Student: 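One structure follows; several queries about it will come next.
The first sequence line is chain A, the next is chain B, and the lettering continues from there. The PDB entry numbering applies to chain A: residues 26-313, in that order. Chain B is numbered as in the PDB entry, which gives 26-313 for the residues shown. Both counts, for ligands and for their atoms, begin at 1 and track the order of listing. For the numbers below, each heavy atom of this structure counts, side chains included, while hydrogens, waters and symmetry mates do not. If you're wondering, the header gives X-ray crystallography, 2.6 Å.
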Number of protein chains: 2
Amino acid sequence: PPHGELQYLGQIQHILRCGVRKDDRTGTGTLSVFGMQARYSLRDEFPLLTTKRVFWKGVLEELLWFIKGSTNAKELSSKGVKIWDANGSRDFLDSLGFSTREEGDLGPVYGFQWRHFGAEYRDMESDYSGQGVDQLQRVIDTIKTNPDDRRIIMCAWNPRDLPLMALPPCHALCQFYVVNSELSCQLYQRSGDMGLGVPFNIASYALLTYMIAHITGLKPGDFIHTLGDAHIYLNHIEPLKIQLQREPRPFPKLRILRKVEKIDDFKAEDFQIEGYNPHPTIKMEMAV
Amino acid sequence: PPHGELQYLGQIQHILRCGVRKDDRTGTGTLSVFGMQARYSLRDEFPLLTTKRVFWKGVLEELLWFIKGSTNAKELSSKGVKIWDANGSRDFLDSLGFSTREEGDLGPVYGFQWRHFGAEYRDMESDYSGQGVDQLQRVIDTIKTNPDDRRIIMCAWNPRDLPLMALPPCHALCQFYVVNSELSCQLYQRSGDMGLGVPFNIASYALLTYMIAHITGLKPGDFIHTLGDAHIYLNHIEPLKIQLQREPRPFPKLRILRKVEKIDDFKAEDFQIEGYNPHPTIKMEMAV
Ligand SMILES: Cc1nc(=O)c2cc(CN(C)c3ccc(C(=O)N[C@@H](CCC(=O)O)C(=O)O)s3)ccc2[nH]1
Ligand SMILES: Cc1nc(=O)c2cc(CN(C)c3ccc(C(=O)N[C@@H](CCC(=O)O)C(=O)O)s3)ccc2[nH]1
Ligand SMILES: O=c1[nH]c(=O)n([C@H]2C[C@H](O)[C@@H](COP(=O)(O)O)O2)cc1F
Ligand SMILES: O=c1[nH]c(=O)n([C@H]2C[C@H](O)[C@@H](COP(=O)(O)O)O2)cc1F
């Protein structure tokens, strides 16, 4: 059976061979394709890429950060994960005309939309308990009890909240699905930085699916990744060309180390990736 | 070059051959597959299906209805199109809890979220002039001023408005994309009745692409249809086996008969389908 990672790389080779040139907001420029889909089995494997070393600690920490509802970049930075610091910096904030905003404050982004969709956002430090829809919880409840439901969706695209956010969410909505005691997730990623964001994003929603499978007594099934604008930034082409030449290695496995009963009780120590020996890291310059 | 229609039929064959048996809200039963994508070209063809007659007037009147921002089945029925009536009727309203709602009042459905996302829904006869977000206008604006934008997005999934609607939307979101003067559109459909809904839906969003292309100066490109739960109801397996035997005739054409400027200007007579020569219609009864 072909390797899970070939979905990703074929998407790469596809964009390199057939992407069209197209300008982007950042000035960098891209080769791009509109609409793609990739299926990654979660069954006795976890799709953390092997053709380059993906920042696992960053994946797990980012997710726990969304779970607890945080729109504070500093809560994440302090766990040693820097990935949102630039989006929360004073300068970046000034550039979007948020001179009045405390730094680290990303606006009403992922964690907020996941746990409080509809609440009126004030700042990153306010308490929102009982405000808006706890979409993440409504998903776990439907799955436990009415698993055949075709509406198990969590959406972060809030048009009322877009003008306040430091970055409009790129993983806009996702849907869970249950058959034969398997929990599958599909992600609509409106915009996908193939070299940098994407491999991370696959680990992210793969993991979310493991967590949710765990607390609901289901076995993980498929992760289905759908992209809108799938782009390779021009400065990523050489590094990616390098990446392609590597033979993929067995995907690692994921061990959840104890019985956890609520999603919010999960802590970093509960997760152990075993058997991960990726090829060496590949730096891609992030466009700003 | 294979016929675009072979994408639709291919998905039916895939479901029938590989779908897992899955229960549904209506107790009808289905054959289900989670996560699919198809790409219909819109260049010098319009993907109205030929392997059975698609109710085109219905497509056209339903879209103008959504554009008008209407949420009243009667304003669509009066134009000879009855597809939303069961959902807007007294008994059905009461069944859902809306003792209080005037007959025809579907709640805050597609038209509302497209035109006035965020506004507190009153009833169907209300005026919502400048009251929530106008996702539709914004999409056209963004295509005109900044075509390269990776956030050209329309969303009907408002978790708050959900418990007020007759049927949570299947057209959960769509994204528009521009490159080399070509406009494309990707629809995310969380739930597809492959027999009844889907062929209608393909036409629907293909039309909207042709409209927005017309008032933005663009040639239409691809429509990408992505699927959440792609099902065939059990009492559709037979009509569809009949349907798979017919050989598709060349897709028809569509012409916009006059230069129109705003999206609201469009009227049913602005559109002519040329060359639509379908096989005889097959009735698929709607599961309830
Ligand atoms: C143009 C752009 N592309 C992105 O991929 C992107 C990603 C994020 C946030 N995000 C979802 C990220 C996931 C991983 C990331 C990253 O830069 N990590 C480096 C390693 C950094 C480290 O080791 O500390 C990497 O994966 O190479 S950034 C924010 C803005 C963006 N902007
Ligand atoms: C379970 C279910 N499946 C659906 O496909 C569906 C579709 C709609 C709305 N919709 C998107 C529809 C599109 C087309 C329709 C229909 O019934 N068409 C007939 C009318 C033709 C005629 O008599 O002239 C048909 O296709 O034959 S209904 C509403 C609830 C649903 N419910
Ligand atoms: O999780 C993410 N994944 C990702 O690929 N991006 C990239 C895609 C794009 O390159 C940029 C967002 O840019 P835009 O808003 O112009 O689509 O970030 C961002 C994330 F947060
Ligand atoms: O445009 C549509 N297309 C469609 O396929 N459905 C179908 C999908 C499903 O069979 C049912 C909705 O039920 P659920 O909400 O349980 O998915 O209606 C409804 C529409 F309005």
Student: Tell me the drug found at ligand 1.
Tutor: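 The PDB calls it raltitrexed.
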Student: Looking at this structure, what macromolecule is in contact with raltitrexed (ligand 1) the most, according to UniProt?
Tutor: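 The chain with more contacts than any other is Thymidylate synthase.
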Student: By chain letter, which other chains contact raltitrexed (ligand 1) with heavy atoms under 4.0 Å?
Tutor: A
Student: Give, by chain and number, every residue with a heavy atom within 4.0 Å of raltitrexed (ligand 1).
Tutor: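 On a heavy-atom basis, the binding site is A/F80, A/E87, A/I108, A/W109, A/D218, A/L221, A/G222, A/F225, A/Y258, A/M311, A/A312.
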Student: Give the closest UniProt active-site residue of chain A to raltitrexed (ligand 1) and its minimum heavy-atom distance, rounded to 1 Å.
Tutor: A/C195, 7 Å
Student: What atoms of raltitrexed (ligand 1) come closer than 4.0 angstrom to any heavy atom of A/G222?
Tutor: 5 (O)
Student: With a cut-off of 4.0 Å, which atoms of raltitrexed (ligand 1) are near a heavy atom of A/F225?
Tutor: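 Taking each heavy atom of A/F225 in turn, raltitrexed (ligand 1) has 13 (C), 14 (C) under 4.0 Å.
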Student: Any idea which atoms of raltitrexed (ligand 1) are less than 4.0 Å away from a heavy-atom of A/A312?
Tutor: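 Result: 1 (C).
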Student: Per the PDB, what organism is listed as the origin of chain A?
Tutor: Homo sapiens
Student: Within raltitrexed (ligand 1), which atoms have a heavy atom of A/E87 less than 4.0 Å away?
Tutor: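 In order of number, 11 (C).
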Student: Help me out: which residues of chain A, per UniProt dUMP-binding annotation, have heavy atoms under 4.0 Å from raltitrexed (ligand 1)?
Tutor: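 In chain A, UniProt ones with a heavy atom near raltitrexed (ligand 1): A/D218, A/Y258.
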Student: Looking at raltitrexed (ligand 1), does any of its N/O atoms fall within less than 3.5 Å of an N/O of A/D218?
Tutor: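 For raltitrexed (ligand 1), there is an N or O atom that lies under 3.5 Å from one belonging to A/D218.
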